[PDB]
> 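Hi! I'm looking at a structure that contains 3BNC117 and have some questions.
Each chain gets a letter, A, B and so on, in the order its sequence line appears, and its residues count up from 1. Determination method: X-ray crystallography, 2.8 Å. Values reported hereafter were calculated over all heavy atoms of this structure, with side chains retained and with hydrogens, waters and symmetry mates removed.
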Amino acid sequence: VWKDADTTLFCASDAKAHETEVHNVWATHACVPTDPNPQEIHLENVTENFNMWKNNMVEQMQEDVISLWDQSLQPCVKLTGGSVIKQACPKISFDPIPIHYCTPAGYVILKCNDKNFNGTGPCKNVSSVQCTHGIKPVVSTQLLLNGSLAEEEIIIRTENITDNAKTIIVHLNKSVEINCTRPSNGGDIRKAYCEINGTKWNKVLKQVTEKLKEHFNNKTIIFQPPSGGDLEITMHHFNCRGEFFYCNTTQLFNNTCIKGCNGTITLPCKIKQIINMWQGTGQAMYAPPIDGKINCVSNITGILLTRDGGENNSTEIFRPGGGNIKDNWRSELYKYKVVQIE
Amino acid sequence: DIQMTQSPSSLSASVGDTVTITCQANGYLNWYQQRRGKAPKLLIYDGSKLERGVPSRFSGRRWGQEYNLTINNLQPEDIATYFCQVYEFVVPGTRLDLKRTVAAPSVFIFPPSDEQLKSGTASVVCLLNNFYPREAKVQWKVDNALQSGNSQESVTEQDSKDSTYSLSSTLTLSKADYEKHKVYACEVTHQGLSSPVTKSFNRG
Amino acid sequence: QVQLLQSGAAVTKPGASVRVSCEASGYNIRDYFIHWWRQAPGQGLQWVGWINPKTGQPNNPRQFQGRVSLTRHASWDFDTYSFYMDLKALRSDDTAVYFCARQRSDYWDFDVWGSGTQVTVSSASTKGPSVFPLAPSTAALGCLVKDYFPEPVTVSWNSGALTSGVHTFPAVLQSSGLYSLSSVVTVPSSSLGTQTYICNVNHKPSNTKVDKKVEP
Ligand SMILES: *[C@@H]1O[C@H](CO)[C@@H](O)[C@H](O)[C@H]1NC(C)=O
Ligand SMILES: *[C@@H]1O[C@H](CO)[C@@H](O)[C@H](O)[C@H]1NC(C)=O
Ligand SMILES: *[C@@H]1O[C@H](CO)[C@@H](O)[C@H](O)[C@H]1NC(C)=O
Ligand SMILES: *[C@@H]1O[C@H](CO)[C@@H](O)[C@H](O)[C@H]1NC(C)=O
Ligand SMILES: *[C@@H]1O[C@H](CO)[C@@H](O)[C@H](O)[C@H]1NC(C)=O
Ligand SMILES: *[C@@H]1O[C@H](CO)[C@@H](O)[C@H](O)[C@H]1NC(C)=O
Ligand SMILES: *[C@@H]1O[C@H](CO)[C@@H](O)[C@H](O)[C@H]1NC(C)=O
Ligand SMILES: *[C@@H]1O[C@H](CO)[C@@H](O)[C@H](O)[C@H]1NC(C)=O
Ligand SMILES: *[C@@H]1O[C@H](CO)[C@@H](O)[C@H](O)[C@H]1NC(C)=O
Ligand SMILES: *[C@@H]1O[C@H](CO)[C@@H](O)[C@H](O)[C@H]1NC(C)=O
Ligand SMILES: *[C@@H]1O[C@H](CO)[C@@H](O)[C@H](O)[C@H]1NC(C)=O
């Protein structure tokens, strides 16, 4: 017998002490080494309720990354209320590493094994572990990168789908590479591009529309561009090698392709020095991009969408979304829950 | 796919009374009060949870698919429109009024001003004054002919004290047509009046 | 103390554009969604959309899609915010009171509302009203306020000395495009002959002030 409880976790990783990479340095001082052989025990005939949307595990990972970024990439310029801060802002090595979250003495983590679990409700196949799986603290919008895949089939997560103010998380059951480079000799040095296999993407994209039909009474499913807002959300915002990329994904949500829709899709990108910090603390300013080829190959494993409100009846409309980076952490911790041993 | 309906949409009750209205929705329902010309005021959230700084007369029942809104000890300040809301969806609402001040209208008739006739326009105004209930019937007779299509009437909100209404009907026609007939009548029909009251005047 | 303050009334020709503002203050503003609503004359409310203050993200229904643009900007200390609604290509039936409100919970409960902003859409240039007298015959009398645009006018009597039994009817929309109302009052029969009765009419949009004396 136990009970749902909150407490301070701790973290584990395989940070190398010689690495100058920023995630490596942080985890070297904040995290314990990983356990070679972790135990998992499957609990017989036990049912626990989960709620990925009210899971304090998230808050803590959030504090971790905010602290990671605040120590590691500080801008040349930032605002503080009504004052301008100037500091040295040198280039850094940037490649996020998997971080496991671990309970202290007197607590455990409960894990859901139901393959079609949406994140909110009863779970029948429950086990127990000492730590989560390794989670890369990847920050991005619109698309979810380098995460974990649903064990087939595809899953829709919300909290309340009938609420249009509630972000929808689509969890893929097969991944699609995304290949982004700012070419060698830099001639706009800020001009970059992202490449996706259209044949693979459009099949997956069609399947998502099929699953959305299940939650929306066989209505027609249409994708549309973001309606407005900060550039960090209208574009596909992410960090690669320390540089701030913004990509146009109009071509990524093409309803006609769901003729010549099989070719390699190329998305136009740009590297920006002036940004709005995801921490929510206003504008910052960074140095021009480094020299040479800058390449990021990632897996798309999930999408964040927002449904148009109001009376539509005939159709439902879905535009890409984001901004709340806690939702990135929710996409990986949806299956975990802390309890205290009574 | 959220659907919701309303209840009677118009009812009347006396001072210090208990009134209820019902909606039938499938989501988080809220209740608002709106006085004429002003912004809405929240009264109840989630069906039963009473908003602070709001008289304890109000309450809500959260059983099944229907949502009740109750008002005890009806005060003069409580007279306004009320409506429910689920997410982005809202119903028109339900008007409110009191009872039992059964009074006849003080029916008057007004000819056009001489200053008006210089600009080639004649507006005849018939006035009903202080009555209850609001249901009345006004028809213009010109030389004993029913006038239809060329009339605009206007109604006031229920007066705070005497609890009565007022209606003003304006017949509007060209100067040439006004100087064409002699007798203009403004017959009035009310449930209170034993007989229809007819007021008239001869042009000149 | 929380506070939502909306801008002054608007008047425009069809096909044009208008911007209404909403300024929030005394609370933690990044933590709440702001919705816009509108109310056409004699009609119920109608959802215009929401905007996330943190990101600027808008959500609008099908009809206002294409038109309408929700925006926000914050002060230096993030202590005060301004929320704009830019409605494009105005149609006559866009005439409504535009509200802004705060969404407190997931209950979509709105506890704090803006005062409202009057937005009038039509042709019809600004015109003062003509005030004609309504001769009396207890008895009754009043004034006729014909042909003005836009609303509203404010009618009193004897510079606000006579308020008893005053019935100022809500204006009506004449087929021309101009509004018109009527103000009346009731007095004893012995009143006529000694007392001076004056109706005070003000139409600010045309800067037209008129004091008329009613008499048999
Ligand atoms: C529960 O889930 C695990 C997956 O980790 C699976 O291997 C196991 O067979 C399931 N147990 C039962 C009996 O459903
Ligand atoms: C997730 O599953 C639970 C249990 O069936 C259900 O209550 C909830 O509505 C589901 N969420 C959705 C529809 O995504
Ligand atoms: C890309 O996804 C594949 C599985 O489809 C996986 O093997 C690989 O680890 C992923 N690459 C990453 C996360 O860098
Ligand atoms: C992923 O799930 C869909 C149904 O949601 C299913 O059609 C498909 O077979 C699954 N993909 C794979 C690779 O198994
Ligand atoms: C990614 O794209 C670049 C440039 O088009 C190409 O050189 C590289 O081979 C691609 N990498 C992979 C693994 O797809
Ligand atoms: C692109 O995606 C399709 C769909 O799976 C795949 O079959 C094809 O081999 C890919 N094209 C490449 C890797 O050249
Ligand atoms: C993305 O590209 C499309 C098509 O070129 C363009 O219409 C749109 O303005 C772009 N979106 C953003 C946010 O830059
Ligand atoms: C979808 O893709 C097709 C194939 O390239 C393209 O021609 C078309 O313009 C796209 N549809 C849009 C963006 O309207
Ligand atoms: C995903 O993983 C690959 C290495 O496996 C890395 O190169 C890439 O930077 C990661 N994605 C992002 C945007 O961090
Ligand atoms: C979500 O909200 C609805 C409407 O208020 C409520 O009836 C329902 O129980 C909730 N469902 C979920 C998925 O939590
Ligand atoms: C008010 O609501 C309750 C709950 O549904 C309902 O049973 C009852 O009939 C209503 N009360 C009145 C006075 O009709």
> Which ligand numbers or chain letters correspond to 3BNC117, including copies?
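In this structure, chains B and C.
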> I keep wondering: which chain of 3BNC117 (chains B and C) shares the most heavy atom pairs within 4.5 Å of chain A?
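The chain with the most heavy-atom pairs under 4.5 Å is chain C.
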> Working on an epitope table here. For 3BNC117 (chains B and C) on chain A, which residues make the 4.5 Å heavy-atom cut?
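Going by heavy atoms, the list is A:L79, A:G81, A:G82, A:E159, A:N160, A:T162, A:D163, A:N164, A:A165, A:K166, A:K219, A:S227, A:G228, A:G229, A:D230, A:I233, A:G280, A:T281, A:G282, A:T306, A:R307, A:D308, A:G309, A:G310, A:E311, A:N312, A:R319, A:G322, A:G323.
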> What residues on 3BNC117 (chains B and C) end up near chain A, say heavy atoms under 4.5 Å?
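Under 4.5 Å, heavy atom to heavy atom: B:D1, B:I2, B:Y28, B:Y87, B:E88, B:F89, C:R30, C:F33, C:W47, C:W50, C:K54, C:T55, C:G56, C:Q57, C:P58, C:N59, C:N60, C:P61, C:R62, C:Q65, C:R72, C:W76, C:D77, C:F78, C:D106, C:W108.
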> Per the PDB, what's the name of chain B?
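In the entry it goes by light chain of antibody 3BNC117.
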